[PDB]
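Below is Peroxisome proliferator-activated receptor gamma with indometacin bound.
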Amino acid sequence: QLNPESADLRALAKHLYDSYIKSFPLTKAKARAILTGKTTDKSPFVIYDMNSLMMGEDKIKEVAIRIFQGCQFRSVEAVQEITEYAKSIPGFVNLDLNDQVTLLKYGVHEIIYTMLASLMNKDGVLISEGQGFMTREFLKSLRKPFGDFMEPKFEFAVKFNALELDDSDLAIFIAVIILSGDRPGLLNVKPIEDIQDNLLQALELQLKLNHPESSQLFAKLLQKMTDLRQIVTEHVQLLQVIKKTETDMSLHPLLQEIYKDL
Amino acid sequence: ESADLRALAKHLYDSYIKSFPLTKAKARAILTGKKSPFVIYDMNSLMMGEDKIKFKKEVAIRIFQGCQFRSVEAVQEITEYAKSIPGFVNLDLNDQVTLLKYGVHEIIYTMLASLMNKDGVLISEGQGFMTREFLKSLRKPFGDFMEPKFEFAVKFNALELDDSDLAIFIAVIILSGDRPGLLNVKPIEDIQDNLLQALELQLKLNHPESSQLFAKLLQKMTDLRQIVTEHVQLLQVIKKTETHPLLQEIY
Ligand SMILES: COc1ccc2c(c1)c(CC(=O)O)c(C)n2C(=O)c1ccc(Cl)cc1
Ligand SMILES: COc1ccc2c(c1)c(CC(=O)O)c(C)n2C(=O)c1ccc(Cl)cc1
Ligand SMILES: COc1ccc2c(c1)c(CC(=O)O)c(C)n2C(=O)c1ccc(Cl)cc1
């Protein structure tokens with residue numbers, strides 16, 4: 001049943017889950033509760049058009065660019081949360097400082113899209129800490145350059161969410177993503193792969209115990225990692241179109257460094 | 001199932017051995033040193049190997065075209081192999097075509113790695129060895145079409161997989177249920193599910209040593225698809241060169 005090796009893996013899964021809850025205010029469990037059905041101030045105000053958007057700004061704490069800026073800041077914040085979480089991953093802070101930067105530089109967006117799926121269903125996405133919900137249709141109808149940014153995330157989210165992972169699963173998966181080893185520019189790949197192998201072992205057991213009847217969930221989840229890369233690249237090219245189409249459009253420095261020479 | 005997975009593994013290996021002329025074991029012997037292949041390291045050596053070895057104006061272009069000739073050949077070998085995978089033939093015909101159309105490229109690079117090392121690649125069934133430098137020394141954008149494969153190969157070969165491993169991995173690549181246009185994704189995923197179990201057992205029995213090799217191999221699929229997207233890119237750019245009708249059709 002349980003053994004010395006298996007026991008260390010469960011301890012790691014728990015540590016990671018506990019750190020995950022402490023680092024990310026809006027978990028998938030909370031997201032799903034708001035999306036499925038409640039009464040408490042859990043019910044989100046829905047934005048599906050210009051007027052409703054107008055209304056949401058009064059109920060929630062051109063539009064194309066206003067949505068852009070809001071989504072832009074939330075990513076900066078997400079980077080901060082992910083960065084905080086990364087430090088809790090055993091051995092991560094002990095690695096060469098440059099590699100810590102490299103790992104974050106490349107894992108941050110893959111993680112952002114992974115967790116964003118937790119806030120999405122086929123019809124829309126929770127915003128402003130769960131207070132609002134912006135429909136998929138509204139986002140897809142935005143001015144040419146802007147109405148093409150979210151669909152690819154929704155397409156991914158609908159399929160990824162089909163795996164039915166919960167937060168304890170995601171906590172370990174997110175750690176695996178960060179501690180890659182095949183990221184461009186890494187100095188000491190060995191120590192990084194040793195940590196990842198251990199996280200992989202933890203994720204494998206975690207999925208088997210939490211999802212007994214889900215055959216090869218582990219392999220299916222790992223394959224999803226390719227969907228994430230695709231999302232990142234595609235997103236980058238779309239970002240380049242924006243930089244040129246809206247010379248009056250900014251872009252937070254933090255995000256700008258992540259994308260530099262990516 | 002313990003035994004049902006090994007039967008599947010053995011079956012794929014046997015079929016893979018029969019569908020693919022040059023195996024990794026075969027190529028490895030030839031690559032490290034175990035008939036010394038003709039080496040193409042520069043222009044004159046190529047020219048010599050052409051009439052001396054006999055393969056099948058402007059070198060960069062002819063080399064690029066030879067890559068296509070071999071790719072098309074490989075496709076038939078892969079198609080035949082795909083047909084030996086249990087369940088494949090019973091799938092909707094259009095899906096089979098969809099799965100092959102999107103999978104051959106991934107498989108081509110996977111297998112191409114078996115014939116590469118950090119210094120070059122084995123050509124024309126091991127008879128030759130085109131050097132990595134000669135390839136990188138090609139002009140226009142041609143001196144950069146093989147390099148990404150080498151970099152992928154270098155990383156992929158580090159897993160030290162053997163033919164029996166690759167046989168199952170290649171079947172997994174073919175039965176990808178996320179290919180665009182599929183009409184009945186279920187059977188495809190049910191087969192890949194069965195193949196993934198077989199691949200997992202195979203890697204644990206064949207390499208007790210390397211921890212999480214199964215997971216590491218699957219992560220390599222991220223790399224593969226990038227090599228492909230990237231390859232499709234260069235191919236379109238190449239579509240901007242002046243320097244048949246029936247051949248252009250075949251390819
Ligand atoms: C998945 O990408 C998005 C897209 C739109 C977003 C957000 C995130 C967040 C943040 C979040 O969801 O956590 C908010 C608040 N969005 C807004 O709709 C918005 C609307 C008007 C203004 Cl002025 C500013 C922001
Ligand atoms: C959670 O995933 C996303 C999705 C879209 C994003 C971003 C992050 C970031 C932040 C980043 O990429 O670091 C920017 C700047 N996005 C946009 O360009 C954008 C354009 C138009 C609209 Cl309507 C909404 C968003
Ligand atoms: C699985 O599909 C392929 C695709 C391309 C290939 C090969 C196999 C092999 C392996 C083989 O042919 O045995 C080689 C050597 N490829 C070349 O890059 C190449 C380049 C220039 C010329 Cl002129 C000829 C071949």
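Throughout, protein chains are lettered first and strands after them, A, B, ... in sequence-line order, and every chain is numbered starting at 1. Just so you know, ligand 1 is whichever comes first in the structure, and atom 1 is the first atom listed for that ligand. Determined via X-ray crystallography, 2.2 Å.
At a heavy-atom cut-off of 4.0 Å, other chains contacting indometacin (ligand 1): A. In summary, the atoms of indometacin (ligand 1) found under 4.0 Å from a heavy atom of A:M134, numbered by their order in the structure, are 5 (C), 18 (O).
Residues of chain A that UniProt gives as binding rosiglitazone and that have a heavy atom less than 4.0 Å from indometacin (ligand 1): A:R74. For A:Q69, no heavy-atom contact with indometacin (ligand 1) is shorter than 4.0 Å. When each atom of indometacin (ligand 1) is checked for a heavy atom of A:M150 under 4.0 Å away, the hits are 1 (C).
In this deposit, the organism assigned to chain A is Homo sapiens. At a heavy-atom cutoff of 4.0 Å, indometacin (ligand 1) is contacted by the side chain of A:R74 but not by its backbone. Looking at the model, one finds no covalent bond between indometacin (ligand 1) and a chain. Under 4.0 Å from indometacin (ligand 1), the heavy atoms of A:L126 that appear belong solely to its backbone. Atoms of indometacin (ligand 1) lying under 4.0 Å from at least one heavy atom of A:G70, given by number and element, are 24 (C), 25 (C). Measured against 4.0 Å, the other ligands and ions close to indometacin (ligand 1) are ligand 2 (indometacin). Looking only at protein heavy atoms, the nearest one to atom 6 (C) of indometacin (ligand 1) is A:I127 CG2, 3.7 Å. Most of the interface of chain A with indometacin (ligand 1) sits in UniProt domain NR LBD.
Shortest contact from atom 22 (C) of indometacin (ligand 1) to any protein heavy atom: A:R66 O, 3.6 Å. Atom 11 (C) of indometacin (ligand 1) has as its closest protein heavy atom A:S128 N, 3.3 Å. Applying the 4.0 Å criterion to heavy atoms of A:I67 picks out, from indometacin (ligand 1), the atoms 5 (C). Distance from atom 4 (C) of indometacin (ligand 1) to its nearest protein heavy atom, with residue and atom name: A:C71 CB, 3.7 Å. Scanning the protein heavy atoms around atom 20 (C) of indometacin (ligand 1), the nearest turns out to be A:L53 CD2, 4.3 Å. Heavy-atom contacts of indometacin (ligand 1) within 4.0 Å involve A:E57, A:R66, A:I67, A:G70, A:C71, A:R74, A:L116, A:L126, A:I127, A:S128, A:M134, A:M150.
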Please tabulate, one line per pair, the protein nitrogen or oxygen atoms found under 3.5 angstrom from a nitrogen or oxygen of indometacin (ligand 1), with distances to 0.1 Å, or say none if there are no such pairs.
unit_1: indometacin (ligand 1); atom_1: 12 (O); unit_2: A:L126; atom_2: O; d: 3.4
unit_1: indometacin (ligand 1); atom_1: 12 (O); unit_2: A:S128; atom_2: N; d: 3.4

